[PDB]
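A look at one PDB structure holding dihydrotestosterone.
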Amino acid sequence: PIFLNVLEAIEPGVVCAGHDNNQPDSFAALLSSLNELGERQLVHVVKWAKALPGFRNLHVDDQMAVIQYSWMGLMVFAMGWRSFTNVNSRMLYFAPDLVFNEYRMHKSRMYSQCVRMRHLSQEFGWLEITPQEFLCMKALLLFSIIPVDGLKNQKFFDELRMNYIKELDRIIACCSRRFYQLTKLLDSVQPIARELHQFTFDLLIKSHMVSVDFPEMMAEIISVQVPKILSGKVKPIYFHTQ
Ligand SMILES: C[C@]12CCC(=O)C[C@@H]1CC[C@@H]1[C@@H]2CC[C@]2(C)[C@@H](O)CC[C@@H]12
């Protein structure tokens, strides 16, 4: 099973946020470290994506675009999986050095978005998601958000997305209900990503007022690509009609 060999081989390892756990759990300190984590993870997501089967057949401009649109969903989904494996159902394992308890969820001012992420994390348990299913679903998430006006080569994108969907099907077949369940879970990622897109955008705009630092790559993607999602120029592809 070449496809699963590849997905297991390229899966990124542990990334630390570099958070100073010695300081108080302030809004500014927590969100600055989440931003730093995001910047560090993005480096890993790019290297991961470029090594996926068939990814290099996209036009190079579309390679950059799909990563810049899908990162939030991808990172939230991977975070749910590691939370599921590592911490209890009340906590979120963003990184080994940045674990949110209930107090930090409140102080981050993201309590309601955190509730949704905890629920996503728990679904991995409720649905008994295997590591193989997790890997195939995470790969599909990279191909689940695109411009309404289309990518440079929309045709190659649609064929690649089709091949990832068939891969998920094959992994299940080793049923109809299972495919239904997994596609419903994938769709559930998108409304969570949208709330976080909204939150991070609003925060970048007032970042100097509230003393939150945004690293360079994050500030660029949040001011350039995230507003296209929020204005509806780039939209998630749902399996089921929303
Ligand atoms: C993707 C990250 C960081 C990586 C991860 O584990 C998931 C997590 C989800 C919340 C994001 C965060 C990056 C920084 C963001 C975008 C903040 O600006 C507000 C919400 C944060």
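We're numbering straight along the sequence, starting at 1. Atoms within a ligand are numbered from 1 in the order they appear, just like the ligands themselves. This deposition comes from X-ray crystallography, 1.7 Å. Atoms considered below: every heavy atom in the structure, side chains included; atoms not considered: hydrogens, waters and symmetry mates.
Every copy of dihydrotestosterone included, the relevant parts of the model are ligand 1. Per UniProt, the macromolecule making the most contacts with dihydrotestosterone here is Androgen receptor. For chain A, a heavy atom less than 4.0 Å from dihydrotestosterone occurs in the following UniProt 17beta-hydroxy-5alpha-androstan-3-one-binding residues: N35, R82, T200. The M72 neighbourhood of dihydrotestosterone comprises atoms 16 (C), with distances under 4.0 Å to a heavy atom of that residue.
Atoms of dihydrotestosterone lying under 4.0 Å from any heavy atom of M79, numbered from 1 in the order shown and given with element: 6 (O).
Residue contacts with dihydrotestosterone for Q113 are absent, since no atom lies close enough (heavy atoms, distance under 4.0 Å).
Not a single protein heavy atom sits closer than 4.0 Å to atom 2 (C) of dihydrotestosterone. Counting residues of chain A in contact with dihydrotestosterone, the top UniProt domain is NR LBD.
Counting the atoms of dihydrotestosterone from 1 in the order shown, those under 4.0 Å from a heavy atom of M218 are 13 (C), 14 (C).
Distances between N or O atoms of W71 and those of dihydrotestosterone include no value under 3.5 Å. Neither the backbone nor the side chain of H197 has any atom closer than 4.0 Å to an atom of dihydrotestosterone (non-hydrogen atoms only).
Within 4.0 Å of dihydrotestosterone, judged by non-hydrogen atoms, the site holds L31, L34, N35, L37, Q41, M72, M75, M79, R82, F94, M110, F199, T200, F214, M218.
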Once you restrict both partners to nitrogen or oxygen, which atoms of dihydrotestosterone have a protein partner under 3.5 Å, and how far apart are they?
residue: dihydrotestosterone; atom: 6 (O); partner: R82; partner atom: NH2; Å: 2.9
residue: dihydrotestosterone; atom: 18 (O); partner: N35; partner atom: OD1; Å: 2.8
residue: dihydrotestosterone; atom: 18 (O); partner: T200; partner atom: OG1; Å: 2.7

